[PDB]
S.K.: 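Lab note: WIN 51711/Capsid protein VP1 complex loaded, questions to follow.
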Amino acid sequence: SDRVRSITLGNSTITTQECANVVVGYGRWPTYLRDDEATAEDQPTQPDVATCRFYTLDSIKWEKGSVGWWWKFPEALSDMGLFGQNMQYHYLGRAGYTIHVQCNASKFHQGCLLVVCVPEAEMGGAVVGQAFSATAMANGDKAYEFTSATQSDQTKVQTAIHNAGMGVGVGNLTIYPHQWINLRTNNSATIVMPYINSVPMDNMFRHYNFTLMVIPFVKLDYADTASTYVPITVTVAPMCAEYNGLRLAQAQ
Amino acid sequence: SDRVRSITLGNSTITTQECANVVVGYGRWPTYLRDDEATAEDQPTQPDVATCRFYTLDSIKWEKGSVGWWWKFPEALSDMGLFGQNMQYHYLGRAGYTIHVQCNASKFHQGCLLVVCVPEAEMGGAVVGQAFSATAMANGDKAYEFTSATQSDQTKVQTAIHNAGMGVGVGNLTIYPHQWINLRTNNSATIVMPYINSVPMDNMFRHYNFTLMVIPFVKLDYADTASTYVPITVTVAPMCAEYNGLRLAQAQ
Amino acid sequence: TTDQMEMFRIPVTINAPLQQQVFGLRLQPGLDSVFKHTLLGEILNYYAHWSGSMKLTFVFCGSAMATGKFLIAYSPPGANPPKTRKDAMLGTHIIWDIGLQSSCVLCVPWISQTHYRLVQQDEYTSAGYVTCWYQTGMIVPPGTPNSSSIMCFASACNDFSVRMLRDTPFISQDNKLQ
Amino acid sequence: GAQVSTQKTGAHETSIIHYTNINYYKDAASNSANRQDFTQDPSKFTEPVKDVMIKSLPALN
Amino acid sequence: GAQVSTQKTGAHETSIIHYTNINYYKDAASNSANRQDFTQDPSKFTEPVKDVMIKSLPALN
Amino acid sequence: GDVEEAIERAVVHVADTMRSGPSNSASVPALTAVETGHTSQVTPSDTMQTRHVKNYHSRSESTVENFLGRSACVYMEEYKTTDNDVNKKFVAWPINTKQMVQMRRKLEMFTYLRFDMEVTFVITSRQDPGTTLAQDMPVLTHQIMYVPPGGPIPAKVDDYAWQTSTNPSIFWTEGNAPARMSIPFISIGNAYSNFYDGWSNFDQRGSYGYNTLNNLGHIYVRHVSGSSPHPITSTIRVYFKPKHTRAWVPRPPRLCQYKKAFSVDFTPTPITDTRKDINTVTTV
Amino acid sequence: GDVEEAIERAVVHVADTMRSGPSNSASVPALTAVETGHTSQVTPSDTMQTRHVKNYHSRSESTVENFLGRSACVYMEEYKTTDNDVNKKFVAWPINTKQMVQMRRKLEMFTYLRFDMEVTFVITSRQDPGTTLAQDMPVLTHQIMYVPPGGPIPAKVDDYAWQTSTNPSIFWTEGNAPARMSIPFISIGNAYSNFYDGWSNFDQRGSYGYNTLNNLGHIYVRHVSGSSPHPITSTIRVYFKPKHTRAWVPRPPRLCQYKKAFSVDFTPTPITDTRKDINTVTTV
Ligand SMILES: Cc1cc(CCCCCCCOc2ccc(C3=NCCO3)cc2)on1
Ligand SMILES: Cc1cc(CCCCCCCOc2ccc(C3=NCCO3)cc2)on1
Ligand SMILES: Cc1cc(CCCCCCCOc2ccc(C3=NCCO3)cc2)on1
Ligand SMILES: Cc1cc(CCCCCCCOc2ccc(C3=NCCO3)cc2)on1
Ligand SMILES: *C(=O)CCCCCCCCCCCCC
Ligand SMILES: *C(=O)CCCCCCCCCCCCC
């Protein structure tokens, strides 16, 4: 079958026995910066296998009452091996990614997740006019969660799920690269995101190029099974990573 | 003249207005490992410009009574940017180096240093039979010093200069790649060391491939000048660095 | 161990804590008790040197209704073994998904400073560790057992060879037989 | 397949001075020594300088 | 009728490495060992399956 | 005619490692069905990125000819030059390969074997301790005789059977290179059997096991006319080195220690040694 | 086919001296810059008037193959034929080249070495002195066994390990030519290391120095069945002769006397000996 899938980057391989297809950016495969699109003049580093490989973030639990989660990139990978090291020593960076979201249940469980990558997912504050800090939206590979109720805590982002933290209709997030994990048919989702920005390269700490959101559109449900929660794991591999402007490492 | 010299590796350039020649290993220029000389099967990383560039260690003072110093490699570079990072994340590494020892004085100063690179500079303990720790011979870019008197401290290496810590005649160290900095004619020394070992690659923490020794054969002397000490600075650039066996970083 | 056959069964269970470790073993095919008495280990014990890659095949033996994803990794030697899945995932690994194909092969490559390692392995000749972790978890529908077993097979690859014939430490006698 | 080669010169002026050898074992380790290879290069050690230096011309500048 | 064949490589890079043998006895049992036959096939043991299985394609169905 | 070209200028190596880059396909090499009784032919390039490696390693030292082709002690016994007990003066050994543990384990890794055999004897003598040891005994000569099944067996050092008009014998004198000779493949079958799951009688009774197929005869050894004033004890050690070997149907190596010379008999031994838990990977 | 022409009819000599006359030029050979790390290629004709000399001298005796290619004693130990102490009856030696000073200094003139090895054994026996020495012991036979790292080690002269079904052994009888055999280049590395500036542990702890790379195994030797009424002491001497040699990165010769077998350890020793003043050139 086509359900079978194998992906190898560097020293890591991912396999899936029940998948859908592989969504590719806006039909654009990741690629290194061309000479006719560059501004920064220094010779870049392209660590290759050391950085372009699969990194598995901490797992999370999908429970009957879960509402949704988000991770901002590249921040989510800032501590991952040499990818994180290269981010720290360089002023500029550029990369695409293979995102593989894993979630297995059973033929007797039901549920459905939207797995989307939102470019420039600029978010609103819990209380309009009140500024929040970076910590309200990203911190290493920590998963952030949406809420059903509207957020009151001004130190937070407006987490009410139906507006996806952006002031738009959550059911319209489908115009962004996405895949669905319907427990009845899938067991994982794979999206290849190319580099998307208004400038050729950018600083990797200061700018979150895109945000991965995993949202349960149909709640997790099951009968008298001994299994309770269903884990969700995110594994991602940078692709065609290149960096410019080497100097001392950024403390954080 | 030929005294003029310019060397560019990565984002760094070294220039000298009064040099001798450039000594090259045993006539062997650094080079990447060939397919017919390899054992480790994984695709290696060759960070290129990020690692193959000039790193300047802490400087030292050459005083009238100085006796000599040594630095062990690659240990001396274990904290230097991405070179150090790559050393930590990989089981195996391989590299050659361009060593540039700097020392300027004046037409009225006199003195002469031997700048040598000793492959496998295995050393004896201060007290025969007594084991010492790694700290007695290397620790980051810290310069270690020889002594005139024979060493009594058992936690140390036998530092008596005339036997160079190896039980041989110090005046015979010339069979190893070397250059002399005679204040009267030079102002620096440049030695390009290729990778020399009995195995194709090796662990970079556990094995000190070679030791750089700077020894005053003719003492620093001068008259009524206001300058007192003459600084000695070591700048070195890894060449053709490649690593294999990626895994978690070694704590130290 | 009460029952000898239990040695071949790697336990796997439902509701395991996230990122939990399933097992960990050190790569000394001729010396470590896990490998020394297998076909591969027995052959190695008639030699003093070895070189090459190895195949570790894992087969899931639970019911057709159980599901799960596991991360199996190989860590080249270094001062410290991986203590967490986060540590393990930085090395050579494969993510195993359970489905019709019950078995998965982790192929541990020959990554060494020397061309050959010693059968009577030492620190200089260290080969590393192989560890396994829950990637997601073993999920089960109603009416199926709560735990299951995984089995591990081992064999050499086509780049594997041994050198230096020697007697094996595994057989001896105090008297002539009879 | 016997190999025939020249001997190292003796007290008398040099043709009668060649010896013959035949290998009897299956491993090259069993063979006699290579007493007669005189290839030699002292320059890796006597002159490892990047830029070649002709004797007649001065060394510096 | 002497047989001439190649030796197993030694510490030095390889022509001078061949040895010669002559049998002196009337029975083949008297001959030296066959130290140099390297024919080898692991498939009777590693893959005795009736239907051949290519690695790329799945094993079942 | 004069010279012959049996040169093996093209010898076999171990497989090279092919360079391998990234992949994203439906083709999945790492997933298989162990159930088929098939061992996977996977290589590192199938599951990770590899560099190209020209591998020169060779499996020369692990051919069966090489593994079995070293002389191994298969038996040893003593015989005195002078003693009151007739049987203490000569050795009578029923040829077999099951009494010395090392050789036995090696041969037993295969079910059937076919080979020629090189036999070397190491004989040493020592003067027995006693109150009066002064004597001047000339060099000793030994006779080793092979008696095929059914031939007359010697009952004492001086009996007629030692004439060897037809049985093969070796006369050897001390101080010289150890005695040696070759024996061809002498089985009545097409291969020697290391195991025999069966009986001697059609009834399914009688002897059970490989011992029922062992009828290679005996080896008898004595001093020639070596009676000395004070006793001297000689010890003979016999070495076997198979050559021109062929082996069939390989078996798991013997795990339990051997208990009997003529039977598979053993005492249950655990699979392997234990460690504290399934994650223990340290030494201390 | 029959004969082969590997004749070296064109052998290398030392450089000739060219005739050289007066000069008056701007070209100055005798002035250089030692600072470049360059050794001057000057010859007498550069600084004085020379006659022509056809030089036939040759550097044949100073090739590394020749310098290292002589058998040197690397070890010696005694083992008794009979003694109350089990360990006094056999030798167990961890193969190495660091215990005998002469060979050690020669090998240590190079950092890396690659060669095949010819091993010759010289074994001699003597009767121990005592009150009663009259005995008549037959010729002695010795067994020398090589145990690769990890193989079973003998705990006494009569133990099973001496069966050598797989380890290589030599059985040798006194009165004969010394035993000898060749061993190929057996390192797990590409060359043997005489020095190793490093540790065994990745931690930069554990063993330090070349000893961490020494794992060549052991040599075990015993008398075969040589128990004598009165003790006899045998002494074995082992000689190494490297052949088919290659050497890399030469080092200054060892100046200080050696203190330990497994470490570079030394006591500071002066550069050389002294004379009364910088102009003293006479002897008395
Ligand atoms: C050694 C050894 C191993 C065995 C098994 C015997 C295998 C021998 C194979 C065939 C050898 O030739 C024969 C000689 C006589 C007999 C015989 N069978 C019934 C009694 O004598 C059969 C085969 O037991 N001891
Ligand atoms: C049974 C069986 C078969 C084997 C191998 C054993 C067969 C060994 C061949 C038998 C060799 O017997 C000898 C024959 C003759 C002599 C001898 N001839 C000259 C004097 O001594 C010695 C041994 O494994 N199991
Ligand atoms: C003699 C001698 C010289 C030395 C240095 C050893 C150099 C040997 C080079 C390689 C020989 O083959 C090896 C066998 C085993 C080991 C080994 N290393 C860790 C412990 O065992 C490494 C190489 O110490 N003793
Ligand atoms: C370490 C190191 C390496 C060296 C040279 C030492 C290597 C010497 C080769 C090892 C030789 O060991 C023997 C092998 C077998 C036998 C033996 N075989 C038949 C009986 O004795 C004896 C020596 O320098 N430093
Ligand atoms: C090479 O063998 C070609 C010519 C043959 C010469 C005859 C050999 C002389 C007798 C020695 C045989 C060696 C057997 C070990
Ligand atoms: C084969 O014999 C053809 C060439 C003859 C070579 C001469 C043999 C050298 C002397 C050994 C004779 C062997 C007699 C046992």
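Just so it is clear: chains get the letters A, B, ... in the order the sequence lines come, proteins before strands, and each one is counted from 1. Displayed portion only: the contact tally does not extend beyond what is shown. Worth knowing before you read on, the calculation uses all heavy atoms, side chains too, and leaves out hydrogens, waters and symmetry mates. Note that ligands are numbered from 1 as they come in the structure, with each ligand's atoms numbered from 1 the same way.
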S.K.: Is it possible to name all ligands or chains that make up WIN 51711, including repeats?
M.R.: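 Every copy is at ligands 1, 2, 3 and 4.
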S.K.: Name every other chain with any non-hydrogen atom less than 4.0 Å from WIN 51711 (ligand 3).
M.R.: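 Going by heavy atoms, that would be C, G.
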S.K.: Specify how the entry names chain C.
M.R.: protein (coxsackievirus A9)
S.K.: Which organism does the PDB annotate as the origin of chain G?
M.R.: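 The deposit names Human coxsackievirus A9.
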S.K.: With a cut-off of 4.0 Å on heavy-atom distances, which residues and nucleotides contact WIN 51711 (ligand 3)?
M.R.: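 The heavy-atom site around WIN 51711 (ligand 3) is C/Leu118, C/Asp122, C/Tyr124, G/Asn96, G/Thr97, G/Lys98, G/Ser187, G/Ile188, G/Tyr192, G/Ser193, G/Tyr210, G/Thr212, G/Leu213, G/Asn214, G/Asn215, G/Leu216.
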